[PDB]
Amino acid sequence: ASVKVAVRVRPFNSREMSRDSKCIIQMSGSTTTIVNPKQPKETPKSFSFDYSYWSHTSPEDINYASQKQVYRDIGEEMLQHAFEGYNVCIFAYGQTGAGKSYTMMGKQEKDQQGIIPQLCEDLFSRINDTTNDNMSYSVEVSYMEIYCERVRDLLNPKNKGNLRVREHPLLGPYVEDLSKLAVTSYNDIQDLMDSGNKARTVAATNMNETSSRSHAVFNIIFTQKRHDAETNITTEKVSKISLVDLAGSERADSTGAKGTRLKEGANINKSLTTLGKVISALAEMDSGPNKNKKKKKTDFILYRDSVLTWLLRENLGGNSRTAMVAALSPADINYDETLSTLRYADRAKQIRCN
Amino acid sequence: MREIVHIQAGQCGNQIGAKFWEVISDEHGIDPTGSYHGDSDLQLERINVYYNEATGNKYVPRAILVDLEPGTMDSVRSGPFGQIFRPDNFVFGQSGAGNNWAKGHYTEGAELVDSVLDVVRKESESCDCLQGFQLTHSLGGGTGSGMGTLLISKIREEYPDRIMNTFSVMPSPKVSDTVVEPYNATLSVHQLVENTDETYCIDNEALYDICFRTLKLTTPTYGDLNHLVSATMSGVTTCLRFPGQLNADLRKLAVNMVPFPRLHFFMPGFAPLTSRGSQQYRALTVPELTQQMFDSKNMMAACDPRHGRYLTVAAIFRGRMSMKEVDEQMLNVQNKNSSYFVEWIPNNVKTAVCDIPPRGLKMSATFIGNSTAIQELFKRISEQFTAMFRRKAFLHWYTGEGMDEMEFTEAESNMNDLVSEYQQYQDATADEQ
Amino acid sequence: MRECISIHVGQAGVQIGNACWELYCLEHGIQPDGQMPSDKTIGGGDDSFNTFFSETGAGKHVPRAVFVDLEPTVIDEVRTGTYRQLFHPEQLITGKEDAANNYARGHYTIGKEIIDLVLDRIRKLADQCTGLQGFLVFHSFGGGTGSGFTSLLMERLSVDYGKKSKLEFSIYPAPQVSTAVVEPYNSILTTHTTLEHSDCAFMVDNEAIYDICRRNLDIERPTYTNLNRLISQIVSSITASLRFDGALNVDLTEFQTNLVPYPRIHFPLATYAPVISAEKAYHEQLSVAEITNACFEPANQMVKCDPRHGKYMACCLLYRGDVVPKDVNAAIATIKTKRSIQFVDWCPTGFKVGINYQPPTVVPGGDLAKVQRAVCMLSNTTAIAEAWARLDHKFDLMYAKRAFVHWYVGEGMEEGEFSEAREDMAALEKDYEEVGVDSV
Ligand SMILES: CC(=O)O[C@H]1C(=O)[C@@]2(C)[C@H]([C@H](OC(=O)c3ccccc3)[C@]3(O)C[C@H](OC(=O)[C@H](O)[C@@H](NC(=O)c4ccccc4)c4ccccc4)C(C)=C1C3(C)C)[C@]1(OC(C)=O)CO[C@@H]1C[C@@H]2O
Ligand SMILES: Nc1nc2c(ncn2[C@@H]2O[C@H](COP(=O)(O)OP(=O)(O)OP(=O)(O)O)[C@@H](O)[C@H]2O)c(=O)[nH]1
Ligand SMILES: Nc1nc2c(ncn2[C@@H]2O[C@H](COP(=O)(O)OP(=O)(O)O)[C@@H](O)[C@H]2O)c(=O)[nH]1
Ligand SMILES: [Mg+2]
């Protein structure tokens, strides 16, 4: 259960550049550091992660990572593992305005594009190249939102009813009557994404006007089949690529409201804790076979706590691979949000400070 | 002013509710006719926790008796305290459930559930601040079981910040009273584990053992067992009513006991017991009370807590007692029995004291433990489940009512998952590979 | 003039307030109802001392305190008890469910909706005062109402009221004896708020008082009342300087000046020398030297620490009763020569002396015996670091496996905040080890 954690910093936006803002993030090698504007004289906080990505300006001859570099680091290997008949999971995290949309999607200039467009383009190009008389391929897409431990369909324009989760004894957890649509190239894996994003639940709080309120899961089911020169033709190769947009954590102080606005956040925080523990187990499990060969006991990772793990069971365990990317805001104003994101990233394969 | 609502589904739940209400009415000094005749004003200091006022200065209890067999309602209404409950809360149907979970969850319960939800919503709106719910049912059922689980799910969906308790009776290992018991038990436990914060474990065999060996009774009946369960429930709910040197709210118990959200099954107990003739020789002190508290025979779940390594424990005390005895005794019990406790909690015992003792006793104690040994119950049921599922012993009577096969396998998988989570914190060290 | 407006938060605060106000009312002759026959008998005086009470036209006397809590069962006992006519009806009890030992609930899910009214009532009380030399906040670590509400109230008060002193009397969980399984979480969370706002916070441990009551007083089976009585006597000894005449009086600012060497080490201990029962009251001279020597006895300390394993930064003594300065100087000289009580190199004076002519009063019933002398010893000790370390270890044993985190997380607290508070505690420990090292 390979785990990779990457922390990226976005450049200044229009609002930050309009004011006389300052940068409070420094990064070198494989280490990140922040300084508190409130009390500059105490000490700089430091953390270590598996990947660090500085992105402020173009030339930046020391420690600059274009989108191609991070794609080659994470997405290319993830897709390569996907093709050989295995499950794949990619997580995005970051507070509102941290720039997770910049990381995953990017701009449409065809020179700086995110992980999703690059991955989809490489997938469709490889499928188009390899499709000979024997091989054949199929791809299916679905999109859903998890919200107060209830699952809703974003693609279907039907009534926003709560679907029922089931456990097929062979195929594992799944959702009943979840909309599924066929796709053929990149143009489609988007219009679907835009339509699903338009339907997501969202409200306004004291922190931001358009702060999200629910987790989103984007499932790509990839099926292969090989037509041999005989009657015995079987697929035997079904892969799942999961892309999870995780809503940000929040304090009850920042969410200065009572009632539903509190409740959602509380439940959100619960998921944002338990998933951490699960991945905190996998990484440790991953270290077992790797170095000390600890196999004794399934060490059954707790898996049913909430719904978000109990639906991604097949994708996050077994022999799958997991990447997680956390966006940071370099503005001095958002010190607490950045510190919270960095501390959350510090979990899930903690690494000492070198 | 904290306030808790009570529901009782099935024959066992209704009988336990009647005995519980007769016990609480005696403790608070309520007459059968509904009038008040007490000895001190302190009883009425917090009467709102279970009762409601009336125009004639009467006190009407808060209960919703639900059942599908009119015979139990007729028996209860003609009992010693039959008239105490207001008539409108007696909601019921006919044709029974027939000891079938499918009839009591999908076919017949769908009609009475609407009326029960209307009544419980009306009751909940009337309280000043709802704290939680209580539900009583026997798992090996089909009337109480299915409707109880349905009400649990509906109430959890509607009110999601109120500690929903449940005092339930599960199948015994050897003393079997019905043939389709494991199916109902497994389905109901699957529907129960995800929709409750604190559920207690009562076994008929344990109550019979307590009645025989300890109380030295000759011919026990259902009344004695209902008494024990009522005593335990009152004790559990004690701290909300009367003051004390240190109190234990229900949410305090919920926050302190359960370590992780899943693991919420509790093993209860009550002390002391003199067996009607040893009271003259037995000395009532805190060390003797706690010594009988942790003894295995007192326990009401039929799971010996010697293979368990207690995860957590709470002890609600009732009486005027110096706390030094309580604290030193708890520390001594921890240190002397270190092998029967977990190491990654530094100290794992909570205490609470109420100054007002029970009428007719100088001091009493109520035990609410949480130990891994409860797996020995669940696993047993699981074994019997497969023993009747491999060949489909009586599976057709459930598919007749529109229940698919997948729902049984899902419940069994959840059962095995619960057993395995219990089991991880059961070996007395890791240091392994 | 010389007011000491006090706040009680939590059940520990309420019980300690009961004991404290019983002691004060018995000291000043205030009847439980509020009337004062003593001044009327005298025919003009100042027995309605402003340090703890306020006087109205009709001869009644109202105390200056609040009893904020979330459990009505704790305050209704006082509301309908023997003292029902003394307090103002604004005892400010919340009619809502308890916080259930959860720091987050006591901070920003149910601790809110009350804090505005509490601050308003505190403002109304303080408006009547031309003094207001210091706040007294009693609480107990353990979460729920106490720690969370104390943290919020201190955070608001430090902003609103500026530089006025704020003494805290905090009950601390014992190493071996505990009454909650989420106590270490709550204490490690509450340090992050008590460190940066409380100017000088004391500490008292239950197990220490249990041992002291077992040994000295021959009380085999003590209860909460005796512990509250001892804490009441300690606070009375501290605050006696502001009310009665004395040869060498010490104000609250003197405590805040002498006992704190640096801002981050303002965590002293306390004790009480003549804690002697009636039967043993005789057969002992109880000279000034003997009680002063008994103050530093390790077995009588009010928190389970070993002062032999540390060094004394500063010490302040407050004597009550017939104690002349010559004997005090002789006792100080005799104490300073022993090498068991090691002193730091950078504080060669290391003592503050104080005398009050009012002898201690005896609460009826109770346990203490009448003594014509007494002394309250406060000292800053490095050994208190040990008292943290054990608690810290408990936290480090429980936070790793993620136990009881779901309840806290589901009430508005982010997971990361824990670590921040933990780091701060470590910093405090390091600071103590930085100060006790000998100079080059
Ligand atoms: C005469 C006398 O005092 O003897 C005791 C007695 O011997 C013991 C054994 C009693 C007795 O209980 C039993 O024999 C018993 C039978 C079946 C199941 C459980 C118990 C007693 O029957 C039960 C009875 O309890 C009460 O009266 C309480 O109020 C009890 N309520 C009732 O059950 C009740 C009894 C009579 C009339 C109305 C109600 C209660 C206690 C706590 C909380 C709620 C309710 C008491 C004191 C005794 C007898 C009579 C022997 C005990 O019961 C309780 C809960 O008090 C059993 O464990 C206690 C310990 C007592 O020492
Ligand atoms: N010394 C002393 N300690 C007390 C007293 N009352 C309560 N405590 C302490 O309070 C702790 C319980 O936690 P608290 O937060 O104070 O309880 P509470 O004030 O009722 O608030 P909740 O915990 O939310 O119920 C115990 O560990 C006790 O040590 C008292 O009267 N005297
Ligand atoms: N503890 C207890 N259990 C009971 C009592 N009466 C019946 N039971 C249990 O209840 C189970 C029967 O379930 P039941 O409620 O009758 O189902 P129903 O007939 O469909 O309502 C049996 O396994 C009995 O052991 C009682 O008085 N006390
Ligand atoms: Mg409380």
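First the proteins, then the strands, lettered A, B, ... as listed; each starts at 1. As the structure lists them, so they are numbered: ligands from 1, and atoms in each ligand from 1. We use all heavy atoms of the structure for the numbers below, so side chains are in, but hydrogens, waters and symmetry mates are not.
- The name given to the drug at ligand 1 is Taxol.
- Structurally, the greatest contact with Taxol (ligand 1) is made by what the PDB entry calls Tubulin beta-2B chain.
- Those other chains that come under 4.0 Å from Taxol (ligand 1), heavy atoms only, are B.
- In the PDB entry, the organism given for chain B is Sus scrofa.
- Counting heavy atoms under 4.0 Å, the binding site of Taxol (ligand 1) comprises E22(B), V23(B), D26(B), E27(B), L215(B), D224(B), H227(B), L228(B), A231(B), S234(B), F270(B), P272(B), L273(B), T274(B), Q279(B), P358(B), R359(B), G360(B), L361(B).
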